[PDB]
Enquirer: 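One structure, pasted below without further comment.
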2 protein chains.
Amino acid sequence: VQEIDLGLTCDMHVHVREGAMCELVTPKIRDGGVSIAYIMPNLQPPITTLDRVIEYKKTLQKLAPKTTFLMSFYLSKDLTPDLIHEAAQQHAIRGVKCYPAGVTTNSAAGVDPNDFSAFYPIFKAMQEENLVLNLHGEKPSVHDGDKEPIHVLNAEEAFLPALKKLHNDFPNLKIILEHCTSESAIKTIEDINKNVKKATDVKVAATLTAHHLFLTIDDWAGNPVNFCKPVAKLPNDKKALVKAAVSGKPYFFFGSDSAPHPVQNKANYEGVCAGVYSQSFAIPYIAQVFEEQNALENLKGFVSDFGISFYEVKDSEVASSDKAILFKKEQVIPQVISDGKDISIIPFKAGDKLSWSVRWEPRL
Amino acid sequence: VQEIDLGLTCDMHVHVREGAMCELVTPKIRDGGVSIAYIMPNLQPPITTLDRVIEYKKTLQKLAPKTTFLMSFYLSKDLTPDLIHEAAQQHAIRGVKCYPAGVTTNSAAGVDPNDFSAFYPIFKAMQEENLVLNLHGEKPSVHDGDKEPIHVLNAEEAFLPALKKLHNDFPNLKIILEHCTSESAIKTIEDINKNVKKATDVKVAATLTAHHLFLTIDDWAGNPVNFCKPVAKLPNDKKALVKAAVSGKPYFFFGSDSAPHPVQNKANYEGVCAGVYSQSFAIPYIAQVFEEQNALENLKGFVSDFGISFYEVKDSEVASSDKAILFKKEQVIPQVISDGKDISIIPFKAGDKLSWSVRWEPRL
Ligand SMILES: O=c1[nH]cc(F)c(=O)[nH]1
Ligand SMILES: O=c1[nH]cc(F)c(=O)[nH]1
Ligand SMILES: [Zn+2]
Ligand SMILES: [Zn+2]
Ligand SMILES: [Zn+2]
Ligand SMILES: [Zn+2]
């Protein structure tokens, strides 16, 4: 069979929850082919204190000894510059993730993106400490009308001005637009990096999930098992995301936004939970897209090089030097991923076949 | 004011199913404030024979004796022109409802709206007997190359050319574009009727449901109770649909498409059944919209005059001359509508309050 050496794979956008769900999914980071994971903080309650973020990490390290864990704070009014400096100096966090209020899971305690200025003390601290500002780039929905209405299909586009202002007011702050879903977002990211030479000139980057390289609105209309935020959009939007993933440009890299929910939280008649579970086959999902685009040469950059470069991951922190090797063995996605107790998850593309699998090999 | 006499209200898009669902739902046409109801044919198997429509009608008359029932055929691969003639002259049907294949509930036995020509002999038979052809105007979805993609958001707009051709080849045929959802469809219906002098000049008309005057995509993204076909679209579309409802023009009138399903067919993680159940409060729902637009003068035309005029309903056919009286008593929509046995339904806008109720008064 043929093999592809991918090195230290990166998934810079992971949800791993708490409790038994966390014991179920955290080992699946490695099985999915991912060596380094950026952990998102939207627990209940949100992670806003130093002791709890340092209480979450070793719990994950205990569940997965070989996986490198970059942690984050949840952007909240309970954060202070001294908290940001203390957390950075103790190597507890690697960035702060912002959730607009009400737009996705556990975002009710979030910020209004028609402000952001109230968090300028926080951004100055993060800029001084070289932390990353992660943005769930969606404006909350407004349907009445003075300004043009915001809804799930243009909310991301309506957010692009807020990103542009943040980057102008903080030119040295590393900012990621998480899980880009619209062509407008791709063009804004490309234009911001118009005079970019090498990868380290990138200060504003964007992550792309696995599922948005497959899904369009027709896949989640009537299928809550494919419903997520931001919502998958039009075929032209999916084309732009795929061309950006295989582009080879250093300001697009992989962030799965694997968001597990028990099956009974997706089979609601109202209030369905947003989120697609992709951890168990994260790298093979991406390999399939890259294979169909005849762009497999560019896979290592999108899932490994560019995320390590942007996050400045050193071997000093990496928990294991094992290399993820992709090999072309066909496999079938199970129908459920269960902990054999109370938790069952429907995986992304359940029942479908993938051309690749993943194994680990040490270095030297 | 306090009371509005709406006369003989008509809901020209009704689904009542069979069995225990039917016994539950059919009496709620009258409870909703509707005297005349056009019954749809998408049962299992579809209604395509004279014996099955008549027995269906007899069941509905037994369950709701004071409700006037207009029946329909399912546009099917085994319908015949002489069937249309025999059914029309026996006064068993008033029209044939077309379902594009796969686009909605029980549409698998449907048509491909790209080769309507196979049904022109049937359309020519319906034209001769002055029957109504009801159109679920949506093209089936296309993601597969060359041709521009079709999805739930433009499937209605992609269907408008077919409606245009069908009316051009059959100018005397009464055709209804059922449940409009897009501004594109509204503008096309306006253009088809540019200089129509009054209601009997209308031959291509459009029905608006109750739920499409409230809903947008943000309401059904995470709420399968509000998921239906065609999907509710953008605020700009709802602007047009609402405006057309209160328009006072005779080519827009009420058709609820109340489509009941048991709750367990809505709380799926995939394959959610399309359909919003609104029968039980059909007229009060619409009264809310006409009230909020300060257009209650036009409620009688939208909910009674134009439907009766277009379908040319005569007093000889009506099962009861009782008048629908709308009166401003506040009521609360239940959380569930149950038959006390196996069937529970979440009504549209469950738990919300309506400013109006409806009662019946006889003709003396
Ligand atoms: O962006 C997100 N979508 C869905 C989730 F469950 C989550 O936790 N975060
Ligand atoms: O147009 C329709 N949508 C949903 C249904 F269940 C139905 O029967 N008809
Ligand atoms: Zn997010
Ligand atoms: Zn996320
Ligand atoms: Zn329909
Ligand atoms: Zn219908």
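Throughout, a chain's letter reflects where its sequence line sits, starting with A, and its residues are numbered from 1. Whatever order the structure lists them in is the order used to number ligands and atoms, beginning at 1. Determination method: X-ray crystallography, 2.7 Å. What's counted below: heavy atoms across the whole structure, side chains too, no hydrogens, waters or symmetry copies.
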Enquirer: So I'm looking at this entry - what's holding onto ligand 1 the most? Name it the way it appears in UniProt, please.
Expert: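 Main binding partner here: Dihydroorotase.
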Enquirer: Which name, from oxipurinol, propofol, fluorouracil, salicylic acid, belongs at ligand 1?
Expert: fluorouracil
Enquirer: Write down the other chains contacting fluorouracil (ligand 1), where contact means heavy atoms under 4.0 Å apart.
Expert: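 By heavy atoms, the other chains are A.
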Enquirer: Any chance you could list the binding-site residues for fluorouracil (ligand 1)? Cut-off is 4.0 Å, heavy atoms.
Expert: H15(A), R17(A), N42(A), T104(A), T105(A), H136(A), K229(A), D257(A), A259(A), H261(A), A274(A), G275(A)
Enquirer: Which neighbouring ligands or ions fall closer than 4.0 Å to fluorouracil (ligand 1)?
Expert: ligand 3 (zinc ion), ligand 4 (zinc ion)
Enquirer: Do any UniProt Zn(2+)-binding residues in chain A have a heavy atom less than 4.0 Å from fluorouracil (ligand 1), and if so, which?
Expert: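 Counting heavy atoms against the UniProt list, it comes to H15(A), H136(A), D257(A).
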